[PDB]
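Starting from 1, each residue takes its place in the sequence as its number. According to its header, this structure was worked out by X-ray crystallography, 1.3 Å. Read the numbers this way: they start at 1 and go in the same order the structure lists the ligands and their atoms.
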Amino acid sequence: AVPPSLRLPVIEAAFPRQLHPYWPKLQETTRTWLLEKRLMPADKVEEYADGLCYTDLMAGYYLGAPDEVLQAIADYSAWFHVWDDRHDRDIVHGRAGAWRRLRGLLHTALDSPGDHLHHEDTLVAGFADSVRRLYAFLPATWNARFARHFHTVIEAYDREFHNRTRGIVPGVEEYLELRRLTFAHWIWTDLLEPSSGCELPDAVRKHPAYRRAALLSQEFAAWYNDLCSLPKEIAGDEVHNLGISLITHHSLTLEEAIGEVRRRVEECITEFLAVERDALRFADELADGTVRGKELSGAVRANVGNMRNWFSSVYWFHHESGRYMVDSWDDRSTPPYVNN
Ligand SMILES: O=P(O)(O)C(O)(Cc1cccnc1)P(=O)(O)O
Ligand SMILES: [Mg+2]
Ligand SMILES: [Mg+2]
Ligand SMILES: [Mg+2]
């Protein structure tokens, strides 16, 4: 059961949880990858990795993915959380040069991941390994789109670095725009496509019903993370959180801000329910009697189904993962799974 302040009865009643059959092997294989790529200290991997639930988060989302696609996605997701931790620690310790150099290497590795598979920075080498595998599933046009999206994500992380080093809390609207980039909304959306085995043409994925369903799934995930990660973020001097923007710029108390974030999250669900109908009608229209139409219809339907699964996977992840359990830590500002 979930605490009342975080509970979403519509998720519990109407978004039943799903789990990909590869999850048990996924859990161990990603743990071993974190150890072998030296992305976290060995003792922290053994003590904390399974409890962080990163593989569970992906296995509740990309249902139907081939096992090797899911493995690359899960390794990438675990990497992404470690990168968020590295960025945080570079900020806390004032390592502006180390951050700048990492940022530059990630831009280069994103365009040429094979060149960086054995880089001396293990964080760069692990990024490159996951991305090179992601680049092997679909035509290079998809790879180029993933790269365009992730270049933007890296720069949003750089903006967060600047904000936190200057002590700036973004305004609410500025924050909502930035959050689509720091949460990597378009990366998770891109990854729907190798999971269903089809690169969608621009005309299909830019259809208004597809686009809006994709957006709402990610807005829910990011803002629900803001709701659940607010305690650890306040304790860690993080400034990027819708609740923090509301407290800072709209003069809300903590209780009022929690209520407002909750209401915005709830609205994503019922807006998604409306647009999902339109997205599934579009999927039906794509089934025009042709083979290609059947393929595109099935891919769109699978992708919209996984946009729905993201809601339940993110919901339960936030109650299971050790990442957010700040009340258990000796130092609330320093999670035990980060290298400090
Ligand atoms: O777990 P966290 O740190 O609350 C977070 O969700 C980590 C994260 C980063 C990017 C994508 N998904 C999760 P963040 O975005 O930093 O608020
Ligand atoms: Mg974070
Ligand atoms: Mg972050
Ligand atoms: Mg957060």
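- Lab note: drug at ligand 1 identified as risedronate.
- Short version: main partner of risedronate, named per the PDB entry, is Epi-isozizaene synthase.
- Considering only non-hydrogen protein atoms, atom 12 (N) of risedronate sits nearest to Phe183 CE1, 3.7 Å.
- Under 4.0 Å from risedronate, the heavy atoms of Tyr324 that appear belong solely to its side chain.
- For atom 9 (C) of risedronate, the closest non-hydrogen atom of the protein is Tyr157 OH, 3.4 Å.
- Shortest contact from atom 7 (C) of risedronate to any protein heavy atom: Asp84 OD2, 3.6 Å.
- At a heavy-atom distance under 4.0 Å, no atom of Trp83 approaches risedronate.
- Only backbone heavy atoms of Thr182 (N, CA, C or O) come within less than 4.0 Å of risedronate; its side chain stays farther off.
- The Mg(2+)-binding residues of chain A named by UniProt that have a heavy atom under 4.0 Å from risedronate are exactly: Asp84, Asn225, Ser229, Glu233.
- Nearest protein heavy-atom contact of atom 3 (O) of risedronate is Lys232 NZ, 2.9 Å.
- Residue contacts with risedronate, taken as heavy atom pairs separated by less than 4.0 Å, involve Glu233 solely via side-chain atoms from C-beta onward.
- Under 4.0 Å from risedronate, the heavy atoms of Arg323 that appear belong solely to its side chain.
- Scanning the protein for heavy atoms near atom 15 (O) of risedronate, the closest one is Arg179 NH1, 2.7 Å.
- At the top of the distance list for atom 13 (C) of risedronate, counting protein heavy atoms only, stands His81 NE2, 3.7 Å.
- Under the PDB entry, the species noted for chain A is Streptomyces coelicolor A3(2).
- Those atoms of risedronate with a heavy atom of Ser229 less than 4.0 angstrom away are 4 (O).
- The binding site of risedronate (heavy atoms under 4.0 Å) is made of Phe80, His81, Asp84, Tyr157, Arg179, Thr182, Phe183, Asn225, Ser229, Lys232, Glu233, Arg323, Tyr324.
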Tabulate distances under 3.5 Å between N/O atoms of risedronate and N/O atoms of the protein, writing both atom names on each line.
unit_1	atom_1	unit_2	atom_2	d
risedronate	1 (O)	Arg323	NE	2.7
risedronate	1 (O)	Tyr324	OH	2.7
risedronate	3 (O)	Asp84	OD2	3.1
risedronate	3 (O)	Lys232	NZ	2.9
risedronate	3 (O)	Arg323	NH2	3.2
risedronate	4 (O)	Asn225	OD1	3.1
risedronate	4 (O)	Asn225	ND2	3.0
risedronate	4 (O)	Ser229	OG	3.1
risedronate	4 (O)	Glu233	OE2	2.9
risedronate	6 (O)	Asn225	OD1	3.2
risedronate	6 (O)	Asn225	ND2	3.1
risedronate	15 (O)	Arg179	NH1	2.7
risedronate	15 (O)	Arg179	NH2	3.4
risedronate	16 (O)	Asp84	OD1	3.1
risedronate	16 (O)	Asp84	OD2	3.0
risedronate	17 (O)	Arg179	NH2	3.1
risedronate	17 (O)	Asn225	OD1	3.1
risedronate	17 (O)	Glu233	OE2	3.1

